[PDB]
A.B. asks: 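I'm staring at virginiamycin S1 bound to 23S ribosomal RNA and have questions.
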Amino acid sequence: XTXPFXX
Amino acid sequence: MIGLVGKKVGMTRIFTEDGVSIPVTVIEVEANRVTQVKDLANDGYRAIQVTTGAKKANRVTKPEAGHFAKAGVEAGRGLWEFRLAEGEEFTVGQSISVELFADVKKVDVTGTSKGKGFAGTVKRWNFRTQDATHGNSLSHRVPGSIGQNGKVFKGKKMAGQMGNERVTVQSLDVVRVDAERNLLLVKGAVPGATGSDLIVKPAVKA
RNA sequence: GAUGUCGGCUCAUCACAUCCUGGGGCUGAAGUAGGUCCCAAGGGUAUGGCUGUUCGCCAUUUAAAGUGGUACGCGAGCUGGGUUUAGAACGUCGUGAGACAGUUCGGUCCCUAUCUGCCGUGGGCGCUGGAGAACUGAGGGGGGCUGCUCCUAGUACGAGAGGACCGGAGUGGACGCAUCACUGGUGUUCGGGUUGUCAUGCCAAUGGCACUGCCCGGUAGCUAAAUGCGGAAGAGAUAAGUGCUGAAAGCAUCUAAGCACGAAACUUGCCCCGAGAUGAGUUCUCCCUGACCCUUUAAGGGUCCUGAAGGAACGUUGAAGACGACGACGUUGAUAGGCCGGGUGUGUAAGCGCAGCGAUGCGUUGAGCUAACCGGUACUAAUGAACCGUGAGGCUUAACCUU
RNA sequence: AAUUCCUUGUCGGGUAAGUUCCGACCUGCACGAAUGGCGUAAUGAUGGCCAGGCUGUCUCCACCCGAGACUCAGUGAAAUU
RNA sequence: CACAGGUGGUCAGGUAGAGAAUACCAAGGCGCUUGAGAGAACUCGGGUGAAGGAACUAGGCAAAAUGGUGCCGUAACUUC
RNA sequence: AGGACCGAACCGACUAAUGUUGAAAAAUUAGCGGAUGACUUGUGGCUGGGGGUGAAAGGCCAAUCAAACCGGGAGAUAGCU
Ligand SMILES: C=CC[C@@H]1/C=C/C(=O)NC/C=C/C(C)=C/[C@@H](O)C[C@@H](F)Cc2nc(co2)C(=O)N2CCC[C@@H]2C(=O)O[C@@H]1C(C)C
């Protein structure tokens with residue numbers, strides 16, 4: 001959700 | 001023509017009269033002896049079989065005992081072969097000295113390299129190390145990519161055993177030949193560590 | 001009911017529409033230096049400044065700083081500046097919530113590798129008696145770059161200025177292998193200085209702890225920035241291209257038959273692996289020359305005796321090593337450790353004595369200590385043994401024995 | 001310009017070379033005066049830039065001391081299929 | 001969970017030090033419920049480094065060192 | 001004297017690395033910031049779900065917040081898998 005998995 | 005078998009005794013410095021220091025790799029070329037003389041009627045190539053050194057009586061095998069006793073030559077520490085250039089002739093029991101290299105002026109030495117064991121790509125293939133800081137995550141001295149978007153091509157430079165293999169240095173200048181001491185002063189460095197056996201043959205590259 | 005996106009880093013790989021080097025044709029090619037086109041992919045093919053950038057501009061180099069494919073190669077390899085969340089501002093639009101391919105500051109990138117594949121390294125079996133070595137080399141990799149300077153020659157050319165191919169020599173850069181004698185780094189296993197502190201009863205003298213307490217040096221070994229070598233020459237067949245002879249086609253023509261030149265490509269030669277090359281190779285040497293039974297009577301099975309050549313295991317070990325493996329030795333013995341001597345390094349120990357008010361200094365003394373190194377030494381330990389594998393090696397054919 | 005599309009505006013300074021930075025000009029795509037304007041000493045784990053010093057960040061990595069990785073005995077795990 | 005976790009109060013030795021910092025100790029309490037051997041790549045945590053010294057990179061992350069006491073001395077600007 | 005200075009406890013959490021089936025469902029190590037104050041802390045108590053509280057982030061309200069948890073309406077409805 002935050003950008004690339006899982007930022 | 002043919003070469004010989006000796007021992008790497010080490011390295012020292014030779015000072016000339018003009019004040020120059022010539023690196024040398026001293027070699028203890030003990031008196032060699034021929035063991036077999038092979039021709040085309042039986043084997044199919046003109047070569048010889050030479051040994052050197054000595055060995056313990058109660059340690060050498062019986063098969064080789066007859067192989068050496070056949071030629072009436074005391075046992076050695078091994079066996080090697082040299083091909084003849086269509087103009088060489090020898091006989092079993094013949095002893096060969098270091099004077100054979102009296103008028104050659106150059107040789108190509110051969111021997112086994114030192115043992116580095118399991119080595120990395122940097123130690124082995126001179127790979128470029130990645131960034132040590134500025135984000136690097138457990139990938140400092142690693143190779144990196146090894147392919148594309150689906151098999152690693154054969155011969156891919158990787159980590160593995162480094163050393164302990166046949167190595168041949170070429171066109172080494174000769175400096176001195178002292179038959180009294182059975183020595184040979186070869187310029188430069190050669191493979192193998194002190195005590196290891198190595199081959200010395202005239203230079204084909206001039 | 002998930003194929004993770006620019007660029008950088010790293011590691012690369014193929015194509016040739018060739019950037020350089022190589023070989024040629026025409027040239028409005030004098031020469032030097034260029035232009036154009038052909039053959040050629042063997043190897044090689046910048047560093048930095050600004051920018052997140054690729055790109056691009058700029059500076060300075062280079063023989064040249066190639067064009068492209070590989071999920072605009074490569075995030076179960078790294079990065080996370082950019083893109084691409086939630087936060088907050090400017091500009092702008094909207095009454096407003098909010099929004100913009102407008103900008104700006106900030107902002108968790110997970111995975112112990114089952115298979116394939118790749119780099120390395122072993123076991124087992126096989127190759128037809130078995131065992132121990134040395135080879136053949138079918139095949140497969142590695143390597144293949146290049147500048148400058150001098151002579152040839154201030155020659156040919158040219159009015160001068162300017163300034164050669166051909167051929168030879170030397171010296172360099174980058175890359176690559178090996179090596180540690182030299183120059184050096186490392187050296188928490190050597191020595192010494194020294195702060196604070198605890199302890200060894202105390203002084204003296206030592207040791208521990210504090211990043212090896214902080215430092216100065218430094219053996220072996222490893223190692224590069226250090227020093228030696230290397231790219232080839234040569235040969236054969238060729239590409240573009242140039243040809244001789246020569247008809248078809250009375251002449252002409254490099255070709256159709258024939259024949260001679262021809263490049264860093266290809267095949268060779270240099271280096272390494274290499275008989276699991278199941279097409280399983282070749283040479284030398286060594287060891288085994290039993291008594292019977294029974295049986296679907298056979299490449300049959302079992303018992304008693306026999307147990308070699310050699311190997312393995314075990315052990316002491318290695319400039320060999322992840323483990324296996326490989327190498328050396330095992331009392332007929334220097335394999336390791338210790339011990340003796342020596343060398344190297346550290347730098348005048350301790351103790352006593354002398355001087356001085358004392359801290360300290362001097363003499364004994366270049367003293368004592370000293371790791372892995374050199375040369376020697378059986379003092380200890382590597383044990384007699386047993387464990388291991390056998391007994392003449394099939395059938396057929398041809399030639400020999402008994403040419 | 002935390003605002004400027006054209007744009008790395010133009011000039012100058014600094015650098016061997018500066019799309020960034022500072023100082024000026026104004027052609028203000030689309031600043032603007034309490035949703036405040038222009039300044040402002042000091043302050044800031046604030047943003048941007050240039051220096052000195054310092055260094056293995058790098059050129060180009062090398063060696064060493066430790067904990068794992070590796071082997072042996074013991075226990076024995078987890079994810080996908 | 002036999003957990004690198006959190007926390008309210010009280011007692012507060014000696015040497016050095018300004019100090020409840022820090023370093024070595026006392027009292028007293030522990031060595032952290034698997035170990036042995038080897039001494040490869042690579043990773044983690046550290047130490048040293050030839051010559052150059054930010055050329056690294058989006059951007060100088062860490063390290064080291066400046067680091068303490070006393071004395072001299074101390075710019076622009078300023079709300080003094 | 002000081003919402004003053006350096007700096008432990010204490011309270012915080014700017015950077016980096018490790019870890020990321022972790023020792024740990026947000027930590028460790030190295031440094032870092034405030035440290036007489038708008039400070040911090042113990043015990044107890046009160047404000048309560050379209051409401052509370054909020055030096056304001058759509059933050060917190062028992063590891064859950066653009067409307068908590070539990071139960072019930074309830075076998076909500078699902079023209080979609
Ligand atoms: C605020 C968050 C940005 C947001 C992300 C949405 C999102 O749901 N991302 C999850 C990623 C899913 C992936 C990687 C799935 C793969 O199985 C297939 C893809 F690979 C195919 C593919 N993706 C893209 C292009 O092609 C692609 O555009 N994206 C993949 C990475 C994120 C980016 C994207 O969607 O960004 C959006 C922007 C635009 C608003």
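Reminder, nothing fancy here: chain letters follow the sequence lines and each chain counts from 1. Excluded from the calculations below are hydrogen atoms, water molecules and symmetry mates; all remaining heavy atoms, backbone and side chain alike, are included. Lab note: partial entry displayed, contacts enumerated inside displayed portion only. Modified residues are described as their parent amino acid, or as X where appropriate, and contacts from their additional atoms are not recorded.
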A.B. asks: Enumerate the ligands or chains that make up virginiamycin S1.
C.D. replies: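 It's found at chain A.
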A.B. asks: State which other chains have a heavy atom under 4.5 Å from an atom of virginiamycin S1 (chain A).
C.D. replies: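 Counting heavy atoms only, the answer is C.
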